[PDB]
Structures are given as structure tokens and as C-alpha cells.
Asker: 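Here it is, the structure in full.
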Amino acid sequence: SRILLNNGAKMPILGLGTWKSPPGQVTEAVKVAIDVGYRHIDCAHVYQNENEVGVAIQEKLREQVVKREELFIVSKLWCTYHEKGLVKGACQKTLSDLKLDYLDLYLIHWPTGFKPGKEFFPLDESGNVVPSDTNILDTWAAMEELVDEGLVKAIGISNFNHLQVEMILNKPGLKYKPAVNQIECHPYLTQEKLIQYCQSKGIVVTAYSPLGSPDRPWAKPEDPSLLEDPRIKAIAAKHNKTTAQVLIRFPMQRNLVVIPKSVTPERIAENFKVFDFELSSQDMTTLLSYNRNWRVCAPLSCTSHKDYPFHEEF
Ligand SMILES: NC(=O)c1ccc[n+]([C@@H]2O[C@H](COP(=O)([O-])OP(=O)(O)OC[C@H]3O[C@@H](n4cnc5c(N)ncnc54)[C@H](OP(=O)(O)O)[C@@H]3O)[C@@H](O)[C@H]2O)c1
Ligand SMILES: O=C(O)Cc1nn(Cc2nc3cc(C(F)(F)F)ccc3s2)c(=O)c2ccccc12
């Protein structure tokens, strides 16, 4: 159920995603997730619900359902906080909201720095994202100070291409290698080259949007829909599982961590019931064959940033 990180800690391979979970419902989702066995929760300041996630963890600690040491809590440094002088503050905001004294894992959320300010997505008069003049290495160094201060046990990156990861690995005077690279990954975006790269460097990959993010706010009706793909439904039916269950078990058999999101109690329980079956060799091969290089997260508004990650092949 856990994968060994390069800081000596073990990370639960199945976690709960919290992007688009309203504060209205996320407290309940987390409480239930913890009741049915989740120990990993994936969070972010930009998700605007960390207080409410905090509320649920604190209550379950107090109910004596779980202890802190058994929980693996992940958050992410948003783009507007890449300046080295802003990083600790941003982490401590997250810590305070979550009502925690440490994070198990803190990620650079995107490789791209945006103009610091109140707005999460600063756009100019004409809709282009306004970048900041930060660079990956300076931001990484700032992430390193958080480990050395005991605020976070591990640090990592998200949405970095293999050259951006290589930049960090080759940093003269590097203090900590990234532990995790969290990237979009599912049968329509199978990431074979970037996964092979990361795992060859002892960097654990976390798969996000594993169900295709049907609730992503820019969805178009003509877009491919993983959960409704009849080819996947057919794999599911043969195993007497749901398509979500197939889609969650798929990265697990690639030695990935996976973080499906739900606020629906029934689905939170369903999604965790994936350690009682296996996908066969043909199933895995079949699912990888559905790759189309289609991304949930890849906005036109960011494509001119110097650090945009998705120009490179991988
Ligand atoms: N690092 C980054 O840049 C980044 C980017 C995107 C996502 N992430 C993380 O990855 C997590 C997962 O990705 P995601 O939120 O984009 O989407 P996802 O997990 O692929 O899909 C979530 C959608 O699927 C529905 N769903 C969940 N379980 C289901 C089931 N058993 N049957 C049918 N529908 C089900 C959910 O509905 P209900 O909730 O209404 O039940 C929701 O609409 C995020 O929440 C976030 O923590 C990180
Ligand atoms: O961030 C999440 O976890 C989910 C997420 N994704 N996206 C699509 C994005 N695509 C990006 C692309 C870059 C890029 F690096 F590529 F330029 C940088 C930043 C972003 S945000 C959003 O617009 C968003 C808005 C609010 C809360 C969460 C999200």
C-alpha cells in the first residue's frame, strides 16, 4: 500500500484529491475517506479549501481514528509565490489552514512563476498570464530551506518536463533531490517517456486526473471522456469492477501513486476498493494503447511562459 521515497518515508499509493471539492462538502469527504482507509490527501492553497480539509483531519485525530504519523499530507506552492522571499510564508499559510505543524510532501505546483499578488491567475488587459521573473532553481533552493527548518519532510515538483527535472538534479550544491513528480496521467495521456525518466532517477510519480477530470471547468462536450469510454467499461465489466476502479488500479500497476478526487461518500469508498483485484497483462497493454497525448491541464493562456512545460516531447 506504500511506496518508498528517497527521504526514507513511505507514501500511500492511493490518495484523495481535493481540487474542485467545495468547502461545502470537502470536510465530509475527508472524514469519510479517513473512515474507509485513505491516509494520503492531496491538497493545494490554490484549491481554496485547505481550512476545511484541516477541519476534517483535526476531528478524526481527536476522535482517535488515526494518528498524525499515519497520515501523508501533501500540499503545493502556487505560482504566485515562487519568489524565494514568499515561499516560507506560503507554506506556513498552508500549514496554518491545515492545522498541521508539518507536511509530508510539499510540491512546486507548476514550474511557471506568475506575478505576485492577490490574484491566483494574473492576466493582462488581453488575457495573457503575467509571469514573474523567477526561475526553477531559486525556487527549488527555497523549497530546500523548508526541509531544513522542519516544516516539510520531503519536497518535490509537479508538471515538470524531464529537462526541468534535470535542471534540478544537476544543480551545483543541490541539498535535496525531488522525491516526487506529480503529473497528469491516464489512458489518454500515458506519459511513458516521462515516467521512465523519473523512475530511472528514483523519483516517484503521482498520477493526477486519473479519471479524466470530468468536472474540470473548461470541459467541452466533444472532448474524450475516460469514464464513459465503452472500451474501458468492457475491461471493468470483465473484472466485476467499475470503470473508475479500473482507471485507479491502472497507475497502481505501473508503480505510480494515484489521487482520484471525489466528494461523494459512495464513490470515496468505491474508489478505495482496488486492492482486491488485478488487471491482466493484456488489460494493461490495452489501456496504454489508448494514449492520445490529451491533457486536462494545459491552458493556452500559459503557452508563452519561458518555463511552460509542455513544448518538450516529455
Ligand atoms: N498538480 C496539479 O497540477 C494537479 C492538477 C489536477 C489535479 N491534481 C490533483 O489530482 C486530483 C484528481 O484529479 P481531478 O480532480 O482533476 O479529477 P479526477 O480525479 O480524474 O476526476 C474527479 C471527477 O470524477 C468524479 N468521480 C470520482 N469518483 C468517481 C467514481 N467512482 N465514478 C464516477 N465518477 C467519479 C468526481 O465526482 P464527484 O466528486 O462529484 O463524486 C469528479 O467529477 C485533484 O483533485 C488534485 O488533488 C493536481
Ligand atoms: O493546478 C491544479 O492543481 C489544477 C488547476 N488547473 N488549472 C489548469 C492550469 N494549467 C496550468 C498550466 C501552467 C503552465 F505551467 F503550464 F504554464 C501553470 C498553471 C496552470 S493552472 C487551473 O486553471 C486551476 C485553477 C484553479 C485551481 C486549480 C487549477
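Following the PDB entry, chain A residues are numbered 2-315, in order. Heavy atoms only: backbone and side chains are in, while hydrogens, waters and symmetry mates are out. Counting starts at 1 for both ligands and their atoms, in listed order.
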Asker: Quick one: what's the drug at ligand 2 called?
Answerer: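 Its PDB name is zopolrestat.
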Asker: Going by UniProt, what is the chain that binds zopolrestat (ligand 2) with the most atom pairs under 4.5 Å called?
Answerer: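 Most heavy-atom pairs belong to Aldo-keto reductase family 1 member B1.
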Asker: For zopolrestat (ligand 2), which atoms have a heavy atom of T113 less than 4.0 angstrom away?
Answerer: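 Per the distance check, 14 (C), 15 (F), 17 (F), 18 (C).
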Asker: Report the part of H110 in contact with zopolrestat (ligand 2), treating N, CA, C, O as backbone and CB onward as side chain, heavy atoms under 4.0 Å; options are side chain, backbone, both, neither.
Answerer: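 Side chain only.
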Asker: Under 4.0 Å from a heavy atom of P300: which atoms of zopolrestat (ligand 2) are those, numbered in the order shown and with their elements?
Answerer: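 It comes down to these atoms of zopolrestat (ligand 2): 9 (C), 10 (N), 11 (C), 12 (C).
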Asker: Does zopolrestat (ligand 2) have any atom sitting under 4.0 Å from a heavy atom of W219?
Answerer: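 True for this residue.
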Asker: Which residues that bind NADP(+) according to UniProt in chain A have at least one heavy atom within 4.0 Å of zopolrestat (ligand 2)?
Answerer: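 The UniProt NADP(+)-binding residues passing the heavy-atom test: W219.
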Asker: Nearest UniProt active-site residue of chain A to zopolrestat (ligand 2), heavy-atom distance to 1 Å.
Answerer: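 Heavy-atom nearest UniProt active-site residue: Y48, 3 Å.
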Asker: Among all protein heavy atoms in this structure, tell me which lies nearest to atom 6 (N) of zopolrestat (ligand 2), with the distance rounded to 0.1 Å.
Answerer: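 So the nearest neighbour among protein heavy atoms is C298 SG, 3.6 Å.
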Asker: Check for me whether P310 has a heavy atom closer than 4.0 Å to any atom of zopolrestat (ligand 2).
Answerer: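 Per 4.0 Å heavy-atom rule, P310 contacts zopolrestat (ligand 2).
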Asker: Out of all atoms in zopolrestat (ligand 2), which are within 4.0 Å of some heavy atom of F115? Include the element for each.
Answerer: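 Those atoms are 18 (C), 19 (C).
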Asker: Of the choices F122, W20, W79, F121, which has the non-hydrogen atom that lies closest to atom 4 (C) of zopolrestat (ligand 2)?
Answerer: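 Selected option, by shortest heavy-atom distance: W20.
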Asker: Which other ligands and ions shown here have an atom at a distance below 4.0 Å from zopolrestat (ligand 2)?
Answerer: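 Result: ligand 1 (NADP nicotinamide-adenine-dinucleotide phosphate).
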Asker: Any N/O of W111 closer than 3.5 Å to an N/O of zopolrestat (ligand 2)?
Answerer: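 For zopolrestat (ligand 2), there is an N or O atom that lies under 3.5 Å from one belonging to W111.
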Asker: Which protein heavy atom lies closest to atom 17 (F) of zopolrestat (ligand 2), and at what distance to 0.1 Å?
Answerer: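 Ranking protein heavy atoms by distance from atom 17 (F) of zopolrestat (ligand 2), first comes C303 CB, 2.9 Å.
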Asker: Among the UniProt-annotated substrate-binding residues of chain A, which come within 4.0 Å of zopolrestat (ligand 2) by any heavy atom?
Answerer: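 Sure - UniProt-listed, with a heavy atom under 4.0 Å: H110.
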Asker: Do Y48 and zopolrestat (ligand 2) have an N or O pair less than 3.5 Å apart?
Answerer: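 N/O-N/O distance below 3.5 Å exists for this pair.
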Asker: I need the residues around zopolrestat (ligand 2) for a figure - heavy-atom cut-off 4.0 Å, please.
Answerer: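 By heavy-atom distance, that gives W20, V47, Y48, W79, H110, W111, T113, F115, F122, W219, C298, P300, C303, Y309, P310.
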Asker: Pairs of nitrogen or oxygen atoms, one from zopolrestat (ligand 2) and one from the protein, closer than 3.5 Å: please tabulate them with distances.
Answerer:
{"unit_1": "zopolrestat (ligand 2)", "atom_1": "1 (O)", "unit_2": "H110", "atom_2": "NE2", "d": "3.0"}
{"unit_1": "zopolrestat (ligand 2)", "atom_1": "1 (O)", "unit_2": "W111", "atom_2": "NE1", "d": "3.0"}
{"unit_1": "zopolrestat (ligand 2)", "atom_1": "3 (O)", "unit_2": "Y48", "atom_2": "OH", "d": "2.6"}
{"unit_1": "zopolrestat (ligand 2)", "atom_1": "3 (O)", "unit_2": "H110", "atom_2": "NE2", "d": "2.7"}

